[PDB]
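Pictured: 3C-like proteinase nsp5, co-complexed with GC376 (bound form).
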Amino acid sequence: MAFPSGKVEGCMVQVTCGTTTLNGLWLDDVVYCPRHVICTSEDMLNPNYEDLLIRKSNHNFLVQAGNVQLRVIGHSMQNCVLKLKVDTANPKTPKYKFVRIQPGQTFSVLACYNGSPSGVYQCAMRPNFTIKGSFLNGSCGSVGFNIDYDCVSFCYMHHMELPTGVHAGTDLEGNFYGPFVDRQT
Ligand SMILES: *[C@H](O)[C@H](C[C@@H]1CCNC1=O)NC(=O)[C@H](CC(C)C)NC(=O)OCc1ccccc1
């Protein structure tokens, strides 16, 4: 059984850089999202993320909370996630923590597209660090979480689909679960 999603729905935004759009997680005044948002389609083959990072400015990122655009005032990279500092703190930020889960553990996923929540379901982390998700194009940045009383424990951010149809992603510090890397290879 999935957890109720209301506390997490209020944290989802859309992030666009160039023609790449995915989802971000807005907590306090930081938006967390997968770093491959800064890739064009050609970059995705063998990205040099350090080089792409230098060439971006704050105004290259478009962050929207529904119809409201949020101004980006800084950005940094932490492992495989980008952290965009915005000028507005999310007034719906729940009590939360970032946790790294173990194979065998379950968590709920709020699947989102264009910054808008679409569905909620339960997943399990397999021994090879993959999950059998229901993720389509545009789902990157969707998060996995558990609820402990009133505290939302975020444990997964979605990045990619593997050839066999299963899914891989990172914790919220941007470290992959398993030996994968964020390149379309
Ligand atoms: C981000 O929205 C997207 C999610 C994928 C697309 C298909 N289903 C998903 O879960 N991720 C990517 O496009 C990712 C980007 C790299 C720079 C990591 N590449 C990826 O998952 O491989 C391309 C692919 C597309 C469709 C089916 C299988 C693989």
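Along the sequence shown, the residues carry numbers beginning at 1. Values below: all heavy atoms of this structure, side chains included; hydrogens, waters and symmetry mates excluded. Just follow the structure's listing: the first ligand is 1, and inside any ligand the first atom is 1.
Here a covalent bond ties GC376 (bound form, ligand 1) to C140 SG.
Most of the residues of chain A within contact distance of GC376 (bound form, ligand 1) belong to the UniProt domain Peptidase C30. In chain A, the UniProt-annotated active-site residue lying closest to GC376 (bound form, ligand 1), at the minimum heavy-atom distance rounded to 1 Å, is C140, 2 Å. Distances from GC376 (bound form, ligand 1) to the non-hydrogen atoms of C39 include no value under 4.0 Å. Atoms of GC376 (bound form, ligand 1) found under 4.0 Å from any heavy atom of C140 (numbered from 1 in listed order, with element): 1 (C), 2 (O), 3 (C), 4 (C), 11 (N).
Only side-chain heavy atoms of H36 come within less than 4.0 Å of GC376 (bound form, ligand 1); its backbone N, CA, C and O stay farther off. Using a 4.0 Å cut-off to heavy atoms of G138, the atoms of GC376 (bound form, ligand 1) that qualify are 2 (O). Looking from atom 15 (C) of GC376 (bound form, ligand 1) to the surrounding protein, the closest heavy atom is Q184 OE1, 3.7 Å.
When non-hydrogen atoms are compared, GC376 (bound form, ligand 1) lies under 4.0 Å from the side chain of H158 (C-beta onward) but not from its backbone. Taking a cut-off of under 4.0 Å to the non-hydrogen atoms of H167, the atoms of GC376 (bound form, ligand 1) that pass are 10 (O). Checking atom 25 (C) of GC376 (bound form, ligand 1) against the protein gives no heavy-atom contact under 4.0 Å. For GC376 (bound form, ligand 1) and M160, the ligand atoms under 4.0 Å from any heavy atom of the residue are 10 (O), 21 (O). In this structure, of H159, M44, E161, the residue bringing a heavy atom nearest to atom 21 (O) of GC376 (bound form, ligand 1) is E161.
Shown here, atom 28 (C) of GC376 (bound form, ligand 1) is in close reach of the protein: a heavy atom of it lies under 4.0 Å off. For GC376 (bound form, ligand 1), the heavy-atom contacts closer than 4.0 Å come from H36, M44, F135, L136, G138, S139, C140, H158, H159, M160, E161, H167, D182, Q184.
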